[PDB]
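Fluorouracil bound to Dihydroorotase.
For reference, chains are lettered A, B, ... following the sequence lines as listed. The residue numbers of chain A are those assigned by the PDB entry, with the residues present covering 2-365 sequentially. Note that chain B carries the PDB entry numbering, so the residues on display, from first to last, are 2-365. Values below: all heavy atoms of this structure, side chains included; hydrogens, waters and symmetry mates excluded. All ligand and atom numbering here is 1-based and tracks the order in the structure.
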Protein chains: 2
Amino acid sequence: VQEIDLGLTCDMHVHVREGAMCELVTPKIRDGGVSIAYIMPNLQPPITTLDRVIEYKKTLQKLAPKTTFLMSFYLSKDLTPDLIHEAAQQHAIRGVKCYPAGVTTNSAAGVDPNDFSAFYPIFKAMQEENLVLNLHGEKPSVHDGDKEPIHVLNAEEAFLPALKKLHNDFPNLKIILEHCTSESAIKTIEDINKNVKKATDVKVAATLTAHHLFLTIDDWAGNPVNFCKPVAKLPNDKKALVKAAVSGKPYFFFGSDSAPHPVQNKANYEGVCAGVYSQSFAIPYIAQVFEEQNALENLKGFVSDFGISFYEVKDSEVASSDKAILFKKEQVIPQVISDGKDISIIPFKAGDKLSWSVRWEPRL
Amino acid sequence: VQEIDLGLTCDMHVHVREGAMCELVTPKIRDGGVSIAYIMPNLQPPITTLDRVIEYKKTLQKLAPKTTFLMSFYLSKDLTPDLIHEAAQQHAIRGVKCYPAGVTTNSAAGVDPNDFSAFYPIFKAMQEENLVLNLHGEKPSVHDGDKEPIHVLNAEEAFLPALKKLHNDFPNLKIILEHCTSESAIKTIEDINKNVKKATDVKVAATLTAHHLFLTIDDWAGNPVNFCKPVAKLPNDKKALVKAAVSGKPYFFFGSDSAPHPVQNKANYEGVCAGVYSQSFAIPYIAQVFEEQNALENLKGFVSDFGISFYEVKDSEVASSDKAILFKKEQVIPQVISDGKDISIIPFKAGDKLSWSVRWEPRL
Ligand SMILES: O=c1[nH]cc(F)c(=O)[nH]1
Ligand SMILES: O=c1[nH]cc(F)c(=O)[nH]1
Ligand SMILES: [Zn+2]
Ligand SMILES: [Zn+2]
Ligand SMILES: [Zn+2]
Ligand SMILES: [Zn+2]
């Protein structure tokens, strides 16, 4: 069979929850082919204190000894510059993730993106400490009308001005637009990096999930098992995301936004939970897209090089030097991923076949 | 004011199913404030024979004796022109409802709206007997190359050319574009009727449901109770649909498409059944919209005059001359509508309050 050496794979956008769900999914980071994971903080309650973020990490390290864990704070009014400096100096966090209020899971305690200025003390601290500002780039929905209405299909586009202002007011702050879903977002990211030479000139980057390289609105209309935020959009939007993933440009890299929910939280008649579970086959999902685009040469950059470069991951922190090797063995996605107790998850593309699998090999 | 006499209200898009669902739902046409109801044919198997429509009608008359029932055929691969003639002259049907294949509930036995020509002999038979052809105007979805993609958001707009051709080849045929959802469809219906002098000049008309005057995509993204076909679209579309409802023009009138399903067919993680159940409060729902637009003068035309005029309903056919009286008593929509046995339904806008109720008064 043929093999592809991918090195230290990166998934810079992971949800791993708490409790038994966390014991179920955290080992699946490695099985999915991912060596380094950026952990998102939207627990209940949100992670806003130093002791709890340092209480979450070793719990994950205990569940997965070989996986490198970059942690984050949840952007909240309970954060202070001294908290940001203390957390950075103790190597507890690697960035702060912002959730607009009400737009996705556990975002009710979030910020209004028609402000952001109230968090300028926080951004100055993060800029001084070289932390990353992660943005769930969606404006909350407004349907009445003075300004043009915001809804799930243009909310991301309506957010692009807020990103542009943040980057102008903080030119040295590393900012990621998480899980880009619209062509407008791709063009804004490309234009911001118009005079970019090498990868380290990138200060504003964007992550792309696995599922948005497959899904369009027709896949989640009537299928809550494919419903997520931001919502998958039009075929032209999916084309732009795929061309950006295989582009080879250093300001697009992989962030799965694997968001597990028990099956009974997706089979609601109202209030369905947003989120697609992709951890168990994260790298093979991406390999399939890259294979169909005849762009497999560019896979290592999108899932490994560019995320390590942007996050400045050193071997000093990496928990294991094992290399993820992709090999072309066909496999079938199970129908459920269960902990054999109370938790069952429907995986992304359940029942479908993938051309690749993943194994680990040490270095030297 | 306090009371509005709406006369003989008509809901020209009704689904009542069979069995225990039917016994539950059919009496709620009258409870909703509707005297005349056009019954749809998408049962299992579809209604395509004279014996099955008549027995269906007899069941509905037994369950709701004071409700006037207009029946329909399912546009099917085994319908015949002489069937249309025999059914029309026996006064068993008033029209044939077309379902594009796969686009909605029980549409698998449907048509491909790209080769309507196979049904022109049937359309020519319906034209001769002055029957109504009801159109679920949506093209089936296309993601597969060359041709521009079709999805739930433009499937209605992609269907408008077919409606245009069908009316051009059959100018005397009464055709209804059922449940409009897009501004594109509204503008096309306006253009088809540019200089129509009054209601009997209308031959291509459009029905608006109750739920499409409230809903947008943000309401059904995470709420399968509000998921239906065609999907509710953008605020700009709802602007047009609402405006057309209160328009006072005779080519827009009420058709609820109340489509009941048991709750367990809505709380799926995939394959959610399309359909919003609104029968039980059909007229009060619409009264809310006409009230909020300060257009209650036009409620009688939208909910009674134009439907009766277009379908040319005569007093000889009506099962009861009782008048629908709308009166401003506040009521609360239940959380569930149950038959006390196996069937529970979440009504549209469950738990919300309506400013109006409806009662019946006889003709003396
Ligand atoms: O962006 C997100 N979508 C869905 C989730 F469950 C989550 O936790 N975060
Ligand atoms: O147009 C329709 N949508 C949903 C249904 F269940 C139905 O029967 N008809
Ligand atoms: Zn997010
Ligand atoms: Zn996320
Ligand atoms: Zn329909
Ligand atoms: Zn219908």
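- Every copy of fluorouracil included, the relevant parts of the model are ligands 1 and 2.
- Other chains within heavy-atom reach of fluorouracil (ligand 1), distance under 4.0 Å: A.
- Applying a cut-off of 4.0 Å to heavy atoms, one finds the binding site of fluorouracil (ligand 1) to be A:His16, A:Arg18, A:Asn43, A:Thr105, A:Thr106, A:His137, A:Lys230, A:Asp258, A:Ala260, A:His262, A:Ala275, A:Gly276.
- On the PDB entry, the origin listed for chain A is Saccharomyces cerevisiae.
- Filtering the residues that UniProt lists as binding Zn(2+) in chain A by heavy-atom distance under 4.0 Å from fluorouracil (ligand 1) yields A:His16, A:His137, A:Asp258.
- Short-range neighbours of fluorouracil (ligand 1) under 4.0 Å, ligands and ions only: ligand 3 (zinc ion), ligand 4 (zinc ion).
- Within the deposited model, no covalent partner of fluorouracil (ligand 1) is present on a chain.
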